[PDB]
Every structure is written in C-alpha cells, then in structure tokens.
*Asks:* 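Consider the structure of DNA replication helicase with pritelivir bound.
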Amino acid sequence: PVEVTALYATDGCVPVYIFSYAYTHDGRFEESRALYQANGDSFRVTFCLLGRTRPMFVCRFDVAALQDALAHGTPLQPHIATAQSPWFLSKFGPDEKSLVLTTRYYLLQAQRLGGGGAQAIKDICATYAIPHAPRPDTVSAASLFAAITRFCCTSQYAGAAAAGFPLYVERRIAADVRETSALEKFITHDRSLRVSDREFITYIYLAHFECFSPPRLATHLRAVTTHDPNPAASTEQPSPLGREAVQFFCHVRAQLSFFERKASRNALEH
Amino acid sequence: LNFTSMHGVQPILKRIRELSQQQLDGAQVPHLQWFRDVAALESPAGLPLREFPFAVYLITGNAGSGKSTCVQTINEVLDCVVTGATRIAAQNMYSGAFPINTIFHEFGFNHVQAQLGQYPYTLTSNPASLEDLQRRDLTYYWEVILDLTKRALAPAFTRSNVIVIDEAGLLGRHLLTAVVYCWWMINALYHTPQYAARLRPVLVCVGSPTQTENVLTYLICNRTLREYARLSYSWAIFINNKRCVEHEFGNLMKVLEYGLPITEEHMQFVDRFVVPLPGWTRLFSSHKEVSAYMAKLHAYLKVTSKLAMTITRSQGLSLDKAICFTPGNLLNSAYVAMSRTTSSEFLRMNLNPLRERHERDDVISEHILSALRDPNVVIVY
Ligand SMILES: Cc1nc(N(C)C(=O)Cc2ccc(-c3ccccn3)cc2)sc1S(N)(=O)=O
C-alpha cells in the first residue's frame, strides 16, 4: 500500500497544511505515474517538519479527506480519530517548477538514497525542461500556507512530471559525473617530467578553462537538458565536454612553450 | 554560473565523512584524569608528553574563490558545528540556503588579556612527534588554557566532531591544539556519545594561506603534522576568482599568490596605478599612521569609518574602493590590500610595490605549488 510522508506547516508555529508530500515498498517512473493520477487503498502518513525532515507524528487514516488534502491542497482539520515564517516563500521560491518539485525532492525524496543524497542546488530542476502549460491566477501575493498550499498542490508539475524528477536528477548527475571524472583524471594524470613552475600555473588555470568554461558548460547543459519526463524519449544527448576537451588535451606530443600560446588565444577571445 | 563546485564538494564530503566516522583504538583517547592533572599544575613544566589525537581537512584558496559554497554544502550534508576566526568571519558565514559563533566562543573566552609566552620551553627530537608539539602549544596559552581547564572541571563541541572554522588565517598555531584540547576536555567531561565512540575531532579550517605562523601555516609547513593528518589526502584548493574579470590584474594576483618570478611586463603594468578620490580606502602600514588622518582627514570636514586601516588589519576585511605604505617597510604585504576591491578601476597605490625594494616570503607559495602538484589533493575551479 501507500506510505506517504507529509511535510506540513501551521499558521500558529507548530490546522495542518501538507505543503508537499508517497511511496510503496518494493521487492520505476511508471508506478509513480500510476500513483500520481492525472492510486492507493490505504494512506499511512508520516507527518513531518524540517535526512533533512524529522517525523513529528503518524496517522493511519477516510482516504477521501486525506486525498482531498493532498490534491486540492486542503488543510486537514485536527479529521486527524486517526517553524519558519511562510521564509518558505523566499527559499525554494523562484517559481512553480522549483517551488513544488525541488521542495519535494530535497526535503522528502532523498530517502531513496540516490547519488543525489549528497545540496539545495535548485539547479537541476531548471535543466528539467518539461513543457510548461501556463495557468492564470498564479499570483504569489502570499503573506499570512493555504495561499501557497493550493498553489503547490494543484500544479501540473507534480503527474508524470513529478514521477520523472528523481530519475532525471540521477541521470543528470550520472552524465555530469562521468564527464567531470574523466576530465579530472586527465588533469591529475598530467600533473606527473614536469615543467618549470612559471607555466605550471599556466597549465592548471588553462586546463580548468578548456574544460569548464562558461560556453562549454552551457554546451554541456544543452547536452543534458530533458524535455519529456518519460525516460523512454527523454531528449538528452552524449555530452561533447569530454570529446570537445580531447581539442585541448592533446598533450601526448609532450612525450616526444605551448601553454601560453593557447593562453594568449583564449585570453583574446575571452 | 558556478557548477563545477557542485561536483567538487562531493569528494570533500567523502573524505570529511571518512574522517568523522573513524574511531580510535583503546588507549588512544584522553582519559578524563588528564585534564584535572593540567588543572593540578602551577607551571607548564608538569605537563606529561602524550597525544591528543585529531584529524583535519584543509579548504584553502584566494579570497572569493568559492570556499563559502563548500562550507554551505558541508553544513547541509554533514552534521557540523560551524564557526569562524573573528566576528567578521562569523557574520560572513552566517543562512541564504536553508546561529554561528567564533571558535573562541566555542571553547569560551578575563580570558582576553593574555601574557602569552611568559612561561618558557624548548623542543627535543628534531622531527618533534605530535606529543612534542602539543606539549608546546598547551604551554603557550598558560593562564588561558589554565583557567579554561580549572573552570570546566569545577557544549557545542559535544554535538558533532566536525568543526568548521572559517578564516583560519587569523588564528595562531597555538589554536590548532587548543581547539583540540578543549574539545577532548569537554567530551571527556560530560561523557557524551562522541566520547564513548572514540571519535577524533575532525576540524575543517578554511581560509587564505598566502593572503593572511597561523593554523594554516602550522599544518601546511610542519613535517610531523603533515605526516599525522595526511594533508596529501586531506586538502582541497579552490582555484578560481568570481570577482576578478580582467586578464592582466588576474595575472598579477596569480604571480603574487603562487610565488612566481616578477616580470618587467608586470612592473610596467603596475606603473599604471601609482598616483602621487574621496572614496578610495586609505590602508596604511602603521597604527599611528592611520590616526595620522586626525590631522589631514579629520578636520578636513572642519575646513570642508573603514576608510583608515593597516594592510595587515584589512586582511579578511571587505572593501569597496589607496595604499600609502611607508617605503622600505613593505611582496606578500600589498597582496592583502590590492585584493580588497574587486577590480582595478578602484585600486590606488603610492610607490609601485613591485619595483621598489620590498620583503618577499615564499615558504607558503612553495608548499602550495607542491600541493597542487600532488595527485591526491582535490582541485576545484
Ligand atoms: C583565457 C583564460 N581565462 C582564465 N580565467 C577564467 C581566469 O583566469 C579567472 C581567474 C581570475 C583570477 C584568479 C585569481 C587567482 C589568484 C588570485 C586572485 N585571482 C583566478 C581565476 S584563465 C585563462 S588562460 N590564459 O590560462 O587560457
């Protein structure tokens, strides 16, 4: 059945508002897509405040009113027979695609213990380029959680969009790590017959720009942007970062003064 | 956008965790008695030689190199007590992602006025084993560690064994061991779960080695401390600058920091800021010569403030927009002042501190170059 972890808040610093929130014990995208309708008999809930969230109580649950609370953001009446200022609008608060998904990942969904277990990057949700179908009435105008709870709970992003978020975080990090790790191995293995230190700084500071410059980092982000959440047709691509860096790492002729030549060029175009 | 950091803090958190989990053997733990014993002495001559075990991780780099975001990540992944050298660093590392006090406050600070160095001492074996070193460091704060030892025997260190200490350049070498001792002296007093667990205090000192002997020099430089903490496996350096966006000036601050030969081209460059503005910050090289604006700057409002400091007092300070150092008494001294303002459209100087005779120190730079050459030291851009 459904074990749901409800991250909740209250007007009087602790009604209850589940401002983000549900898993089933296994033994991956599609099952969650089948749970985020638009799907469980029993909703056993762990109500939590700020892993980075600590359970405060547990309720076994009328799945009707609970599903209402999870879906149209309604607050549970203390129907429950079973912290910081609404701050929460400054942090995690650029817009929807961040406010509803990164809050649910950071504080709630690193229980899957992915390599994303680790920061509040709010920097992978933006490479999460799922199509935005707009809606009116999304005027923040929120200062004393229902005003933000409704906002959160009825947005299209959190559906198949929500189910594909942890998977995309993992995929993001996987490709990023393979490229940065290959680059780091090439940087380290080239620090081992060594040059007069005058251009050793020229080597370090120029390699760390021939592989992580702003333009090539943008190219990588393009090669790792995702448009449809379904992992099947996800629009990612092989990243050029390693392949376009190995344009610079042809220091194998240095096995049978060049760094400042490339330094002078790069410096000119920059 | 900074991104390579999100992937360089990762290996750091691995080593910091490997160090925060390990448990010592049986005897290698300060027994509680070892503290009343220190409180039982009148001259730091009765101190028995013996290790207080510890491990440390170094996060070092230029000002504005991305050390702050590494602290931000470690604070929110590892359970740590985050602290700073001086209230500048405390108000710096203080909250934009998800309190913080000085490391002096953590072990407590009457304890201000200190006749440090009063009592004497000399080492023994030339490659002094840590036990020789701490024997000296505890002596240095006699009448400081002494009151601390007597009072506590008559608790933020007891929460976690990872202790973030930003801006380690402001703390002398005698604060590496003190923060060790007053950690062990507190965990062994209350018998916290850390003490039962045989955990060594993992200190993470973050600060600029060449831009401000301090803790960083005491670790980077001593051979026994390097062999004990394995700084080859415990060092990560932030090669970057997100506030210098000009090629020539960035090359000056790079020939200075890492200690490579000055060039007549660099001299020619520096002969462009010499100027013998009401905003340019007047840094100096004498605490009298800063009050000297009692005459010139003060009462200049009669006829018609971070503005006045010394270069060695502006280390770790934050400035927006003129070095007037006394000649003959100045290469690692200007580097402190020239790097305050972000760009060279606000720096001013009075003597060309690269053609004028000066005083250049190169031990820290030599170690930094050898460290970057080391295959096991993390480098982050
Ligand atoms: C073309 C190019 N651009 C490069 N960048 C992006 C930079 O230097 C950026 C920078 C600028 C200043 C520093 C610094 C270093 C020590 C002390 C203060 N500040 C570090 C980094 S490096 C090269 S090059 N000539 O090696 O190909």
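Within every chain, numbering begins at 1; the chains are lettered A, B, ... in the order of the sequence lines, protein sequences first and strands thereafter. Method of determination (from the header): electron microscopy, 3.2 Å. For ligands, and for the atoms within them, numbers begin at 1 and follow the listed sequence.
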*Asks:* Using a heavy-atom cut-off of 4.0 Å (strictly under), which other chains touch pritelivir?
*Replies:*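 Heavy atoms that close belong to A, B.
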*Asks:* Which residues from other chains neighbour pritelivir at a non-hydrogen distance under 4.0 Å?
*Replies:*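 Sure - by heavy atoms, that gives A:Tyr205, A:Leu206, A:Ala263, A:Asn266, A:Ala267, B:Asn62, B:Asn240, B:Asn241, B:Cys244, B:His247, B:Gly250, B:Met253, B:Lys254, B:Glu257, B:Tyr381.
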*Asks:* Which UniProt ATP binders of chain B are under 4.0 Å from pritelivir in heavy-atom terms?
*Replies:*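 Of the UniProt binders, a heavy atom is that close in B:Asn62.
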*Asks:* What molecule name does the PDB give for chain A?
*Replies:*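 The entry calls it DNA primase.
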*Asks:* Would you look up which organism the entry lists as the source of chain B?
*Replies:*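 By the entry, the source is Herpesviridae.
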